[PDB]
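The next PDB entry has duloxetine among its components.
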Amino acid sequence: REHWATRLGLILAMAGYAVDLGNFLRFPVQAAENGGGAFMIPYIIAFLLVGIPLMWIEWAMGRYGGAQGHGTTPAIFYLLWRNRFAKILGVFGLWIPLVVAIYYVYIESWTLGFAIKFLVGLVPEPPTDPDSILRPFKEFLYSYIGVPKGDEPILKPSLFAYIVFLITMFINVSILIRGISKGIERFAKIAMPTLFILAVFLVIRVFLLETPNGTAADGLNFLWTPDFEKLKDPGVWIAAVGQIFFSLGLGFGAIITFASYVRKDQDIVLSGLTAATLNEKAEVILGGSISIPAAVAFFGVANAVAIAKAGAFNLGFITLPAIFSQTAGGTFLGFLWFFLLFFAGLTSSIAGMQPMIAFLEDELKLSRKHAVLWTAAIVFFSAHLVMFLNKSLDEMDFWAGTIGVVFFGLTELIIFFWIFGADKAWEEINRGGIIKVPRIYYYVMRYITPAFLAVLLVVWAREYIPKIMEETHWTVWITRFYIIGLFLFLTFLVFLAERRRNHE
Ligand SMILES: CNCC[C@H](Oc1cccc2ccccc12)c1cccs1
Ligand SMILES: CCCCCCCCO[C@@H]1O[C@H](CO)[C@@H](O)[C@H](O)[C@H]1O
Ligand SMILES: CCCCCCCCO[C@@H]1O[C@H](CO)[C@@H](O)[C@H](O)[C@H]1O
Ligand SMILES: CCCCCCCCO[C@@H]1O[C@H](CO)[C@@H](O)[C@H](O)[C@H]1O
Ligand code: NA
Ligand code: NA
């Protein structure tokens, strides 16, 4: 079995997975909407009671499986729980990242496309008033994606958007096909320092921004001024637990698979904690210092609330580009912003497609070359649904990217700490540890962490599922049909894997 060559590469690869577009866009918006500086109280608590415990568990499960030559959850769950239902539940841990890949790599391709257009100056140039500046960029984005102008749920992406998607798939393949140490690990040691340099440059440049409407200082103010009255709202604690869960990328299978290339007795306690820490720093320090402070500096604190409510996507793909076209040398600034997002996405997508690569390698005994090419083939083909069918992206993001992962996160906890055995699980986590997990976490992992996730899942199921089922367009069944099919297809692959094993 392949192994991470160095401790540094392992940590940077894991952190690279966690550090994504959300760090620079989602987190700052969530913080502004849920109490500003006060948001850090439930955020740190969620980190302590949910994020860190689960992450250690996923590392442990992965390393445990890797020791027996298995990197994915259908086989790993079966090792922890010799039951047929464990294998089927394990399929979900292969389905979720596959479905996410089918839309996320496409979104990743947008950032590359925008970076190129900015670099060569193929961007709009307004003109006055905010709407006079934003609209040309809203249209620019919509023409890139091909947002429906009529009543049909049909997208019509530009030729450029389609070709950039191909190139983005090629870049992902180039890394993955070289493997863990020579591919993913090698790239992490280049990409993370590059990510850090781009962000710091952006932070510095943003802190120098001054407009008649305000300054960057105003932005940092609005974002970090605490509003403790929002702490009463249970949804703010839900938002924190949710933010933490997604920011660490728990429940996606990627962490377990990466850990399966960690040697049997190599530390995971300190390494895992370190990776999580980098993500948190990149999140609150770098992410919180760029997008929102820039927006408030240009439009004024008067529009701070409106900007925050417009969402993470509008902020990163419409608002900031518009601002950059109004600032000195902003065109090169725009390139750097989208270059930053692209590497943040790329380090996440190579991690997210590895579980499917690992499964074909470990369980169906495919060569790395074949496993990478077939995985890319499926993601590329399937993505045409996301490229041409409106709201298909959203449907996939909901079932797999939202409900699925929280459900799967809870499933990991229960199977590991309750079915497999908390004592066996506890020793599995701490073995080879540079530091030992605090004794208190035994109770957290067993009762607190699953309680939190159960609450999150129930609240989100009751809130969003009735809406999605009753108020959506009929074309959502096309996407539902397709991803249910993918789950059946994977169940079949798992079936062939156990049949092959019975023969040999
Ligand atoms: C915390 N960072 C990981 C982000 C995660 O990334 C992935 C998680 C799981 C599978 C993936 C497959 C391809 C690309 C990215 C993948 C997500 C992406 C979109 C929504 S959540
Ligand atoms: C069966 C063959 C169909 C190939 C599907 C890929 C077609 C390439 O689709 C491209 O993407 C966009 C379509 O919205 C626009 O870029 C272009 O007009 C088209 O070239
Ligand atoms: C092959 C595609 C056929 C699917 C059409 C079945 C009818 C779908 O019907 C629609 O389903 C939506 C999504 O659940 C609901 O939001 C709508 O209210 C409902 O009218
Ligand atoms: C690709 C095949 C898709 C299968 C279609 C699913 C049928 C959904 O049947 C249901 O009809 C209900 C009547 O109220 C509607 O509210 C919704 O359309 C749907 O949930
Ligand atoms: Na993150
Ligand atoms: Na990343």
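The chain is numbered in sequence order, starting from 1. These values consider heavy atoms only, across backbone and side chains, with no hydrogens, waters or symmetry-generated copies. Quick check of the header: X-ray crystallography, 2.3 Å. Atoms within each ligand, like the ligands themselves, are counted from 1 in listed order.
The full list of places where duloxetine can be found here is ligand 1. Among all chains, the one with more heavy-atom contacts to duloxetine than any other is, according to the PDB entry, Transporter. Other ligands and ions closer than 4.0 Å to duloxetine, by number and name, are ligand 5 (sodium ion). Residue contacts with duloxetine for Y17 involve both N, CA, C or O and side-chain atoms from C-beta outward (heavy atoms, distance under 4.0 Å). By the criterion of a heavy-atom distance under 4.0 Å, both the backbone and the side chain of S349 are placed next to duloxetine. Nearest to atom 12 (C) of duloxetine by heavy-atom distance, out of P355, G253, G352, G249, is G352.
Remark: minimum distance from atom 21 (S) of duloxetine to any protein heavy atom is reached at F252 CZ, 3.5 Å.
Those atoms of duloxetine with a heavy atom of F246 less than 4.0 angstrom away are 1 (C).
Heavy-atom proximity to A101, at under 4.0 Å, picks out these atoms of duloxetine: 12 (C), 13 (C). One option in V100, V379, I96 has a heavy atom closer to atom 16 (C) of duloxetine than any other, and that option is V100.
Remark: minimum distance from atom 19 (C) of duloxetine to any protein heavy atom is reached at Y104 CD1, 3.1 Å. If you check which protein heavy atom lies closest to atom 20 (C) of duloxetine, you get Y103 OH, 4.2 Å.
Residue contacts with duloxetine include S247, since one or more of its heavy atoms lies under 4.0 Å from the ligand. For the pair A18 and duloxetine, a heavy-atom separation below 4.0 Å is found. Proximity to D20 (heavy-atom distance under 4.0 Å) selects the following atoms of duloxetine: 1 (C), 2 (N), 3 (C), 4 (C). The residues lying within 4.0 Å of duloxetine, counted on heavy atoms, are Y17, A18, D20, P97, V100, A101, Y104, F246, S247, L248, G249, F252, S348, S349, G352.
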